[PDB]
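Pictured: 3C-like proteinase nsp5, co-complexed with PF-00835231 (bound form).
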Amino acid sequence: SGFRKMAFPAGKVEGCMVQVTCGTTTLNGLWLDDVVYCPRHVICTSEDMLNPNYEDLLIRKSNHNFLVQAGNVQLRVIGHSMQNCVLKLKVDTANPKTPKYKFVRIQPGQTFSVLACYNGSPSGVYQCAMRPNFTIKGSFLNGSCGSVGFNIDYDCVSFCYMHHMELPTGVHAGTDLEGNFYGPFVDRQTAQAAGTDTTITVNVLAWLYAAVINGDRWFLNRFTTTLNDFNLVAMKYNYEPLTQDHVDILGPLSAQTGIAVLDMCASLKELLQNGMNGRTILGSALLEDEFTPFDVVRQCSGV
Amino acid sequence: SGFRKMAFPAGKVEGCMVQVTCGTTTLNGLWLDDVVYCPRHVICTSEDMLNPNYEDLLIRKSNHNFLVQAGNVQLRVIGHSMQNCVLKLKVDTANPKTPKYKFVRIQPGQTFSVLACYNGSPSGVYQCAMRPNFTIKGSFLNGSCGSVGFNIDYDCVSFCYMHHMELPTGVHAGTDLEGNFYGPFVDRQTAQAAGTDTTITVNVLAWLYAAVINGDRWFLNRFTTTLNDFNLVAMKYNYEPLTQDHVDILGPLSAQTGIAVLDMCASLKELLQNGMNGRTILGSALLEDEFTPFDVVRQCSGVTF
Ligand SMILES: *[C@@](O)(CO)[C@H](C[C@@H]1CCNC1=O)NC(=O)[C@H](CC(C)C)NC(=O)c1cc2c(OC)cccc2[nH]1
Ligand SMILES: *[C@@](O)(CO)[C@H](C[C@@H]1CCNC1=O)NC(=O)[C@H](CC(C)C)NC(=O)c1cc2c(OC)cccc2[nH]1
């Protein structure tokens, strides 16, 4: 029993983190085979970062301009190219710790594990969710650029995130491993805002099922709602609409607890309209929305 | 910026997790150098666990009764001994991935990363706080016994926890790496209840220092207090009393902010006696008590290992 924000074991990724320095700029890189991936703004100086013409800045660079260190050993750069906001630094040595990996673009509402690194050295691991406005609520300080987010399926690491920026509001933004930002963000040194931060409804419902599986039911009620009437109320509160696909994804949690999805929706509607008073759900005073249905199934199946 | 429950990178521990099996009973063990550590109840059958005599049950076992596997590779057991509730098995191979490590016994309020493991395979990592009642609010399923909790310092992994038990309330109990349980629990198949829990005062204060570091300081008041007077008051609100070590580990955050420890105790005292008055701290109206001073420091300054 029990339910906790849980990340994947990061050992397979820890063996891929390196340090990338260009001039006075340093951040993290991801070393897979004989390629090191890192945010392209490492080639920038403090002045270039205000408005960088990356294609212009990149052509004026040589291989020896890039200092790549894997722990103690320094890796010799024998080529370099750009794929959107990701610099690809070819090296004369293939990482012997390269695991089975793939590059994927995660969907909003989905979760992944982040391996926060500084100076190429892992520092901490935690789980994040790709929010509807394509930001993530992480913990990133100066020098965390180049940190990656990932999921693991058996023996395959699916890389989905590389960190680039912290918005003025304190949330964070980044790209997939092909260098495409999540959201309307750009890698220039400017204050940038995201779209309205809507709540991942299917995740909140999954988290309510987890609370019930762990013996908490004070928020349940005998009322019921139609899918449309629930979505009417949810959208009023800046919640994402619940699709029939979401209803289907919640099936296992419904079968395990015996609470129909539309029954849980009636509970959430009451919570949204009445609040939680001073009560808590799984120790939280707010409705948690960064647990996916699968995150709940993996921790609550058989409980 | 940002504040999260953050676990340590677990690569150094993942390379040490193995599976230990006796008969049909299987759990996790910790492979360090040429010794594997694991809960002693692996030697029990399902019925043995109801009322085991581990000394008697162990006398009937030999080295050849122990199946130790790293993945699918068997590690031949060449020696066995019992230390409290932990079984120590000498194997013929020294773990090449053994990291710098030490065995430590933590205090209530200290946090550590748990590497949840099943059949010797790491499955998840999350941060836990040792409650004052010597339980942890973990997430453990069948086959999780032998999972360890740890901290990482000078490239050294300090092992502090090995999983054994789930309580009826849904919390969890275990031992240190010397087999000594945290709290008054025993490795037996019975429903055992933990004492009444309390809030970890030192961690709440650390969380208040965190808010002040971030410019959120409305709660800072003009009063101070003695350590003794605060402890007597805090206990009336189900808060644990502070020790001299607690005051000392709060030192760095006290110097960083310029707020004396006993001054912030007086501020917390007012929050307990008067409430928040519809206000929040770091975005929450709930006082957080599972962030140690180091966690606040390690996360407000990005220390690596
Ligand atoms: C990377 O480590 C840079 O190498 C760093 C990310 C963080 C810094 C602190 N916490 C983090 O997560 N990223 C940046 O500094 C980026 C660099 C861009 C992509 C070139 N810049 C920002 O994240 C950024 C800039 C500004 C800004 O300007 C002016 C105004 C307000 C917020 C802001 N964030
Ligand atoms: C280990 O994996 C066993 O090897 C397992 C712990 C969990 C199983 C699911 N989630 C967990 O955390 N541990 C046990 O099953 C222990 C075995 C002891 C140490 C011999 N037993 C319990 O945790 C336990 C027993 C009982 C009980 O009796 C019957 C009544 C109520 C609760 C309870 N928990």
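Each sequence line gets a chain letter, starting at A and going down the list. Chain A uses the PDB entry numbers throughout; the residues present, in order, are 1-303. All residue numbers given for chain B refer to the PDB entry; the residues shown span 1-305 in order. Determination method: X-ray crystallography, 1.9 Å. When a ligand or atom number is given, it counts from 1 through the structure's own listing order.
Other chains contributing a heavy atom less than 4.0 Å from an atom of PF-00835231 (bound form, ligand 2): B. Ligand-side atoms of PF-00835231 (bound form, ligand 2) in range of B:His172: 12 (O), range being under 4.0 angstrom from any heavy atom. For chain B and PF-00835231 (bound form, ligand 2), the nearest UniProt active-site residue, with heavy-atom distance to 1 Å, is B:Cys145, 2 Å. Taking every heavy atom of B:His163 and a limit of under 4.0 angstrom, the matching atoms of PF-00835231 (bound form, ligand 2) come to 6 (C), 11 (C), 12 (O). Near B:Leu141, meaning under 4.0 Å from one of its heavy atoms, PF-00835231 (bound form, ligand 2) places the atoms 7 (C), 8 (C), 9 (C), 10 (N), 11 (C).
Under the PDB entry, the species noted for chain B is Severe acute respiratory syndrome coronavirus 2. PF-00835231 (bound form, ligand 2) does not have B:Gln192 within reach: every non-hydrogen atom of the residue lies 4.0 Å or more from it. Lab note: most residues of chain B in contact with PF-00835231 (bound form, ligand 2) fall in UniProt domain Peptidase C30. Heavy-atom contacts of B:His41 reach the following atoms of PF-00835231 (bound form, ligand 2): 3 (C), 4 (O), 19 (C) (cutoff under 4.0 Å). Ligand-side atoms of PF-00835231 (bound form, ligand 2) in range of B:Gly143: 2 (O), range being under 4.0 angstrom from any heavy atom. The closest non-hydrogen atom to atom 11 (C) of PF-00835231 (bound form, ligand 2), taken over B:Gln189, B:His164, B:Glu166, comes from B:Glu166. The distance from PF-00835231 (bound form, ligand 2) to the heavy atoms of B:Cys145 drops below 4.0 Å at these ligand atoms: 1 (C), 2 (O), 3 (C), 4 (O), 5 (C), 6 (C), 13 (N). If you check each of B:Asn142, B:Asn28, B:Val171 against atom 8 (C) of PF-00835231 (bound form, ligand 2), the one with the closest non-hydrogen atom is B:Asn142.
Covalent bond for PF-00835231 (bound form, ligand 2) in this entry: B:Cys145 SG. Residues with a heavy atom within 4.0 Å of PF-00835231 (bound form, ligand 2): B:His41, B:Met49, B:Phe140, B:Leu141, B:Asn142, B:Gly143, B:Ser144, B:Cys145, B:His163, B:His164, B:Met165, B:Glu166, B:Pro168, B:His172, B:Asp187, B:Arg188, B:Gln189, B:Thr190, B:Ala191.
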